[PDB]
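Next up: a structure with BIRB 796.
One is the number of the first residue; the rest follow in order along the sequence. Counting starts at 1 for both ligands and their atoms, in listed order. Values below: all heavy atoms of this structure, side chains included; hydrogens, waters and symmetry mates excluded.
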Amino acid sequence: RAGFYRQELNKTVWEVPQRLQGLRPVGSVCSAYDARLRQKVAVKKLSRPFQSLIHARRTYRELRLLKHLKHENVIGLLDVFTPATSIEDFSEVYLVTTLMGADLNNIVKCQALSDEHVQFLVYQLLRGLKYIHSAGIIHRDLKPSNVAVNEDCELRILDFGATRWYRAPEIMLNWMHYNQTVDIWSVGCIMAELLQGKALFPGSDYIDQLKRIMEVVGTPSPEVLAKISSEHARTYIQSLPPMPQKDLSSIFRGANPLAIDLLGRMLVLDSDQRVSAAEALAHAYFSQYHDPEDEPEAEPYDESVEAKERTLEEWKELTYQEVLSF
Ligand SMILES: Cc1ccc(-n2nc(C(C)(C)C)cc2NC(=O)Nc2ccc(OCCN3CCOCC3)c3ccccc23)cc1
């Protein structure tokens, strides 16, 4: 509280340095202008970050993860702080980034994007995911509202923290050994929505979700169904009647043939045959944007520290160090 000040936004106290002016709650997340940095910034006050062990891990990970990942099309930390002068009164954490404007829903709602815009939006989303995947990280909840877009159509991936719309089958079916391509399914659901201007699989429940996915992508073979689901989850799919595969061209009428082609390589039930984030950029849909040189990978993410049992006070202190060291 040495140069900080207190408000109440979202009916909760917000202690921040005085450089941050004019907090308008977005969602807790608030807008603001930074006086020193002289630009628009967003701020994320973490909810009771050290009340529980899990909160302490999630508080640590988020911080560790945003610091590690540094890419154009990914969220990046401008600043981190606490209103705490010691480890005793360390109870609150605040993360700070650039204001990216709106989410991806706003763009679709307001303006039906051309095939030119769509090319550039998915390009960035893959180029960004290529970075994250290369780090050895999975989003597991890629969706419109976890993707910010600047007015220049600049894109950035984030994790705010329905989902099932853009969720891969094997996650719903509890495969428990799913890899990075779960997100590639999500990208397809997002990209399809960009074209049509409406959700591809707006399932009203768990079953209805699967019934919509099984109509377009069709019924999987018993061989393919056995490698994307637990023994218990299979009875949900077998319950459903036999439904044939639909040709995407008939769905996405008057779409770019290339765009339809790429969706066929993303919306696949077998994860082994889904396209890679890296491969997908090579596709002729992004021929206007693809640059092999300017599509960097990320550094391997060290799990070592996290992959170890510790008490709260250790997560508390470990975090304090990571805050201050920024
Ligand atoms: C426990 C936990 C662990 C990790 C994460 N996590 N994982 C990722 C990956 C997938 C990209 C690596 C990113 C994040 N964390 C985030 O993306 N955090 C945030 C989300 C939404 C926000 O504000 C959104 C509001 N607004 C949108 C428009 O642009 C300005 C911000 C934020 C505002 C300021 C600071 C951080 C924010 C999240 C939680």
*Find the chain with the greatest contact count to BIRB 796 (ligand 1) and give its name in the PDB entry.*
Mitogen-activated protein kinase 11
*Report the binding site of BIRB 796 (ligand 1) using a heavy-atom cut-off of 4.0 Å.*
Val29, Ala42, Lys44, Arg58, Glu62, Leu65, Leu66, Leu69, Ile75, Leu95, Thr97, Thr98, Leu99, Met100, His139, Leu158, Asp159, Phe160
*Report the UniProt domain in chain A that accounts for most contacts with BIRB 796 (ligand 1).*
Protein kinase
_Residue/atom in covalent bond with BIRB 796 (ligand 1)_ = none
_Got a sec? Which UniProt active-site residue of chain A is nearest to BIRB 796 (ligand 1), and what's the heavy-atom distance to 1 Å?_
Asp141, 8 Å
*Using 4.0 Å as the heavy-atom cut-off, which UniProt nilotinib-binding residues of chain A are near BIRB 796 (ligand 1)?*
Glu62
